[PDB]
Amino acid sequence: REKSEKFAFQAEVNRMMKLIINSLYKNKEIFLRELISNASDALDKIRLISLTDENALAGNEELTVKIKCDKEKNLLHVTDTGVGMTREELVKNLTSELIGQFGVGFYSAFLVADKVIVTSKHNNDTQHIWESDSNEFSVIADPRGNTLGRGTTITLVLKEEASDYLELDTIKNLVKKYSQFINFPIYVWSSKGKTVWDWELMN
Ligand SMILES: CC(C)NCCCn1c(Sc2cc3c(cc2I)OCO3)nc2c(N)ncnc21
Ligand SMILES: [Ca+2]
């Protein structure tokens with residue numbers, strides 16, 4: 001149950017990190033923008049798919065991004081109800097503008113994170129967890145089953161120096177500033193809370 005779960009990045013794939021991390025060392029807060037763009041792209045996809053597929057939205061009828069800081073656990077979560085990724089996509093998918101050009105903006109998460117977890121659910125596959133420290137990565141079936149319904153959560157284990165991204169004022173100011181790639185609603189969990197009115201619509 002390891003040779004089918006533990007993998008390592010391609011030599012070009014690992015080299016691409018050396019470009020992203022070294023180049024954007026002064027603009028670390030670009031990561032939220034990049035993650036939010038991907039969420040919007042994945043929302044565009046399932047929305048386009050839903051034009052031709054009347055069952056496309058069955059597992060989650062909502063088209064949103066929801067951001068929530070878990071300061072107690074040192075975690076930042078970015079959750080979209082987009083197209084999601086299959087296991088095959090999680091396994092095989094491997095300068096502020098150039099990052100968005102070649103599609104590698106996702107790995108700007110490692111400017112602020114020691115470890116990135118991706119939980120995704122695609123309509124044609126079970127829910128899976130991908131995790132990496134940017135040296136190796138693994139992909140496993142999610143033991144919690146289908147909790148997302150459809151879409152993708154990006155979970156960031158923040159570095160000690162990135163503590164500020166667990167703060168509500170910081171993440172809210174960043175989301176408003178980087179509402180570049182969103183014509184879908186973006187919410188921030190505005191609580192540390194019990195109800196659905198605890199989401200603040202950011203855009
Ligand atoms: C070929 C296809 C799978 N690539 C499109 C972008 C992949 N992707 C991305 S970027 C990404 C995500 C990864 C990844 C590499 C990238 I680049 O390895 C672990 O999870 N974010 C997405 C999201 N929120 N929803 C759906 N798909 C997402
Ligand atoms: Ca299905």
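Residue indices begin at 1 and follow the sequence shown. These numbers come from the heavy atoms of this one structure, side chains and all, not from hydrogens, waters or symmetry mates. Remember, it's 1-based here, ligands and their atoms both numbered in the order they're listed.
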> In this PDB structure, which macromolecule forms the chief contact with ligand 1, named as in UniProt?
Replying inline: Endoplasmin
> Of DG-031, PU-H71, SYR-472, which one is modeled at ligand 1?
Replying inline: PU-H71
>> Out of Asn38, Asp80, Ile117, who is nearest to atom 24 (N) of PU-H71 when you count heavy atoms only?
In response: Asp80
>> Wondering about overlap here: which UniProt-listed ATP-binding residues of chain A have a non-hydrogen atom under 4.0 Å from PU-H71?
In response: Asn38, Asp80, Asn93, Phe106
>> If the cut-off is 4.0 Å to any non-hydrogen atom of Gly103, which atoms of PU-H71 fall inside it?
In response: 17 (I)
>> Just to be sure I'm reading this right: ignoring hydrogens, which of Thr119, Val116, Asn93 gets closest to atom 16 (C) of PU-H71? Compare them by their nearest heavy atoms.
In response: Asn93
>> Please report whether PU-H71 has a polar contact with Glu89, defined as an N or O pair separated by less than 3.5 Å (distance criterion only).
In response: no
> Should you measure from each heavy atom of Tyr107, which atoms of PU-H71 turn up under 4.0 Å away?
Replying inline: 15 (C), 16 (C), 17 (I)
>> Using a 4.0 Å cut-off to any heavy atom of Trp130, which atoms of PU-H71 qualify?
In response: 18 (O), 19 (C)
> Which residues of other chains have a non-hydrogen atom closer than 4.0 Å to PU-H71?
Replying inline: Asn38, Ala42, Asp80, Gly84, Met85, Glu89, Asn93, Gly103, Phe106, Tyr107, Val118, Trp130, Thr152
